[PDB]
Every structure is written in structure tokens, then in C-alpha cells.
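Drug present: fluoxetine.
Using the PDB entry numbers, chain A covers 5-131, 137-510, in order. Both backbone and side-chain heavy atoms feed into the values below; hydrogens, waters and symmetry mates do not. Technique stated in the header: X-ray crystallography, 2.5 Å. Start at 1 and go down the list; that is how both ligands and their atoms are numbered.
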Amino acid sequence: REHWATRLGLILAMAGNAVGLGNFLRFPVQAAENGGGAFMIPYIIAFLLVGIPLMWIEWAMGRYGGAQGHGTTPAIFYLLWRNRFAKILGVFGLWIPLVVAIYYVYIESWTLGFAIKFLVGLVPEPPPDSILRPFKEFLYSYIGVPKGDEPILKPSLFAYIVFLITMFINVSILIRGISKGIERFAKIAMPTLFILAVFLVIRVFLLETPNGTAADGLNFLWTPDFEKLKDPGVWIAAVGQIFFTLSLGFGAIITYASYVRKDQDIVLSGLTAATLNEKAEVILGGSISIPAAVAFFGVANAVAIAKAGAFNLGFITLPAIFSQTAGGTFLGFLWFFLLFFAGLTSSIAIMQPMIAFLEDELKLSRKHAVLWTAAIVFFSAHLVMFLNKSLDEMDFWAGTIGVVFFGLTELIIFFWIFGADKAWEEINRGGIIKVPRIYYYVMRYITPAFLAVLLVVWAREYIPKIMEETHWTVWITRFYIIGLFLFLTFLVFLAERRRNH
Ligand SMILES: CNCC[C@H](Oc1ccc(C(F)(F)F)cc1)c1ccccc1
Ligand SMILES: CC(C)C[C@H](N)C(=O)O
Ligand code: NA
Ligand code: NA
């Protein structure tokens, strides 16, 4: 089996897995829409009660799986629970990261496209709405937002070609393997990512207009609002963000952990990777978009902008703000270059589970596993590129509801079916430090009850609206992703047949 070469390489690759587009694009939007500091309390709580325990659980399952030659959940779920149904539930741990990858790599390619255009200065120029409109139109031409009745997207030729280059970049890393590809790239990307982010945070701090400063944005984000801790919509938002941001329930952490040696520590390593992400999220990610928006527009306007769109902040508002400053075009470039490296280190992570399945279970070489995985993702992404609201549908079913459901599933299998005491032992085995004894009770009683309650409220108060009050074209996307599940179910069926022959 492939293994991580260095300790630091492992940490940086795992942090590169988590530290992604979610830190800089998803988190600011979620927080702004949920009363800033009103969001943070549920967020911190969810991090302590859901994020941390599941991180250790996924590292545990991965290392346990890898020791026996299996990187993905179809096989790992079966190892923990010798039942046919465990293999089928395990498909979600291939399905989720595949579907997520299908739209994620595409968003990632927008950041490269924008980076290029901002570096070369092929960007709009201002002559409040006269400031935003040219940048709105710039993004709308790029991705091809529908102008009329038809739910059809028309991406520019540049966007399409940049998507191809992005696929090629992802492949060039992944084809070199774990230590020589993913690890080596992480050691380059992460320091760069941190430097650019710190630079941009510092630069944003210096912004002031007659409407406010950056500090006003931080005050909005860090003033606890106790009159919102009763809204279930905020708690759903916070827990969802925690899963997405930490790459939990994507089977991606598990797959990375399957290249960790049987004896090596996962307790401190896991905690470090999780804490590195939260610092990049709340300190770095939280200090760029919102404070800049609040500084130019005030709190009320910044929230309203964050509500009328989620790519409004990162692709429209921020570059618009930057263009009003000296060297703003280059500042835009640094923003989009930061985003590109944030995305890239995470997109290689959510394609690796499919690659590892093909290698481990169907005994394909790395070359063919990577190329076939890329081909599947490349082809499928045409739905995201050309069909309006296809991105939102995949992001909901796989990257939002799917991950929470899968987190609960993997927790139940590992802690309730495999055995709580066996699970605990497997977590702590070889650890530099031990997990606090309190977390056993959290993992076994608190976390599962909390997620189960959350999913029941979710499926009764929120999913009826999405199932019923959306455009008919969502069924094309639903149909296709259900098809992907059946296809993956079929590959698992072939994998066990091949094992017998
Ligand atoms: C414009 N429609 C998309 C809604 C938006 O989707 C997103 C999907 C992916 C990402 C990112 F960039 F991957 F983090 C960020 C946002 C979203 C989803 C959930 C919560 C906030 C925003
Ligand atoms: C799907 C995951 C790899 C996403 C990543 N954790 C992020 O915050 O962008
Ligand atoms: Na993250
Ligand atoms: Na990343």
C-alpha cells in the first residue's frame, strides 16, 4: 500500500483536504445570513460536539481500513459490519465525494479563470450599483447565467477551456500518487495559501469608507446574539457548515487516513488538522469577505448582498471593492489565486476515494484509476456547466443533507455495531495523546442523538419545500445522480465477484 512519507506532509495534506473553498466562500455567506455572532455559537458548539469526534472517528476507520488494504467505505463498512447492507450504505462514501467533485472542480476552475483575467487585467472598470453591475455582468458572461426564460447556462469558451486545464492540473497531481503527488503538492500549496490569506487579511483591515471600516464587519461576526439560538434553521446551517468545512461525511478523510500506517498516531494529527482548518476559517476566511463588504456598504447592505447570492460575495462584491483601490486588479488576482489553491488541495481529496476504490477493489493501476475517475467527473460536470440549478441540487443532496446523513451512518456503524469499546480502542491506539474520556459519551450518546434530531427536523420542515417548490429541471439532476449511485452500487457488486474469481 501507498503511505504518507512525512508527518508534516500528512498534516498538510489533511489540512489541504479541509481548508478549501468552504473556508472563504461558504462560511462567510452562512454566517452573514445567520446573524453573524448568532451563527458562531451554534458553530463553535457543533465543532466541539460533532466536528472533533467525527474527525477522530474517520481517521480511525481509514487507518483501520488501510491496514487491511481497503481505502473506501464499501469495503470498510463491511469490515466493521459483516453484512451485505453495509456494502450498500458504503456506496454513499463514494457517491458523495464524486457528486461533490462534479461541481466543486467547476467552481475551482472559475477561480483560475478569474485569476488569469485579473493578472492580465482583462477585467471591468467602474465608471453603489454602478460599482457592482460590471462585475455582476463579468461573472454572468463567464459562467453563462440564463438571460431569458430557458433554464440553460451558456459558459464562455474561456470558462470551458479553463475547466479542462483545471482537470489536467488535478490529474497531474493525482497520477503521481499519495507521497509524490498529493503530499508534495500540499507542502507547496499550504504555506503559499496561508501567506496570501494573511496578506489579504492585513490589506482588508486597512479599508475605510464613509460607510465603515473592516472592524465593523468583525464586530458583526463576533457579537453573540442570544435571540437566535432558538431558530432550528441556524443550527442546521452551522452543523452543515462544520461537515462541509472539515470534509466530514465525504469519505475523503477516511481515504486519506487509509494511507496512514497501522501504528502511527491519529489523535493529535487529527486534532491538528481540524484546528488548522478552523483557524483558516474563522480568522482568515472570516476576516476577508465580510469586513470588506461591511467597510464599503455597511452591515445591512452586506447581509442583503450575501442573501441575494452566495457567489455574490467572492466573485462580484470583493473584486468590485478591490478595483476601487491602488493595485486592486492584482489584489483580485491574489484573492482568486488563493481560492484556486484552496480548491485544488480539496478537489484532489474528493476524487481520491474513487481512485482508491478502483485501485483497491477492482485492482486497476493508479494511471487508469486516475484517468477513468477524471473522465467520469469531466463528463458529468457538463450537467453542472449547462443546466441551471444543477449545482444547487448536487450541493444539497450530496454536500449538505448527504454528508450529515453519512456522518450519522458511519458513527452508528463504528460505535454501535462494530462496538463502542472496540471503536474507542482503535481511535486511541498509537496516539501521542489520548482522547479525553468525556468524548466516549459524546461519540456514543450526544453526537448520534443530536444528528438524528437535526435530520428529522430537516426532513419535515425544509426538504418538502425543495422537493416541491423547485423548477422541473431539478429532476434531470436528481435522475442523473441517482444513476451514479446505481452505477457505483454495480461496481461494488463487480468488486466482490472479482474477489471470488
Ligand atoms: C448560488 N447557489 C449556490 C448556493 C451555495 O452553494 C455553494 C456551493 C459550493 C461552495 C464552495 F465554494 F464549494 F464552498 C459554496 C457555495 C450555498 C450552499 C449552502 C450554503 C450557502 C451557500
Ligand atoms: C468537499 C470538501 C473537500 C470541501 C472542503 N472541506 C472545503 O471547505 O472547501
Ligand atoms: Na474547510
Ligand atoms: Na483545500
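The full list of places where fluoxetine can be found here is ligand 1. In this entry, more contacts with fluoxetine come from one chain than from any other, and the PDB entry calls that chain Transporter. Within 4.0 Å of fluoxetine, judged by non-hydrogen atoms, the site holds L25, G26, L29, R30, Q34, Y107, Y108, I111, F253, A319, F320, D401, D404. Looking from atom 5 (C) of fluoxetine to the surrounding protein, the closest heavy atom is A319 CB, 3.7 Å. Protein heavy atom closest to atom 15 (C) of fluoxetine, with residue, atom name and distance, is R30 NH1, 3.9 Å.
In the entry as deposited, no covalent bond from fluoxetine to a chain appears. Within fluoxetine, the atoms closer than 4.0 Å to a non-hydrogen atom of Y108 are 13 (F), numbered from 1 in the order shown.
Which parts of fluoxetine touch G26 is read off a 4.0 Å heavy-atom cut-off, strictly below it: atoms 14 (F).
The shortest N or O to N or O distance between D401 and fluoxetine is below 3.5 Å.
Closest to atom 12 (F) of fluoxetine, if we only count protein heavy atoms, is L25 CB, 3.4 Å. Atom 6 (O) of fluoxetine has as its closest protein heavy atom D404 OD2, 3.9 Å.
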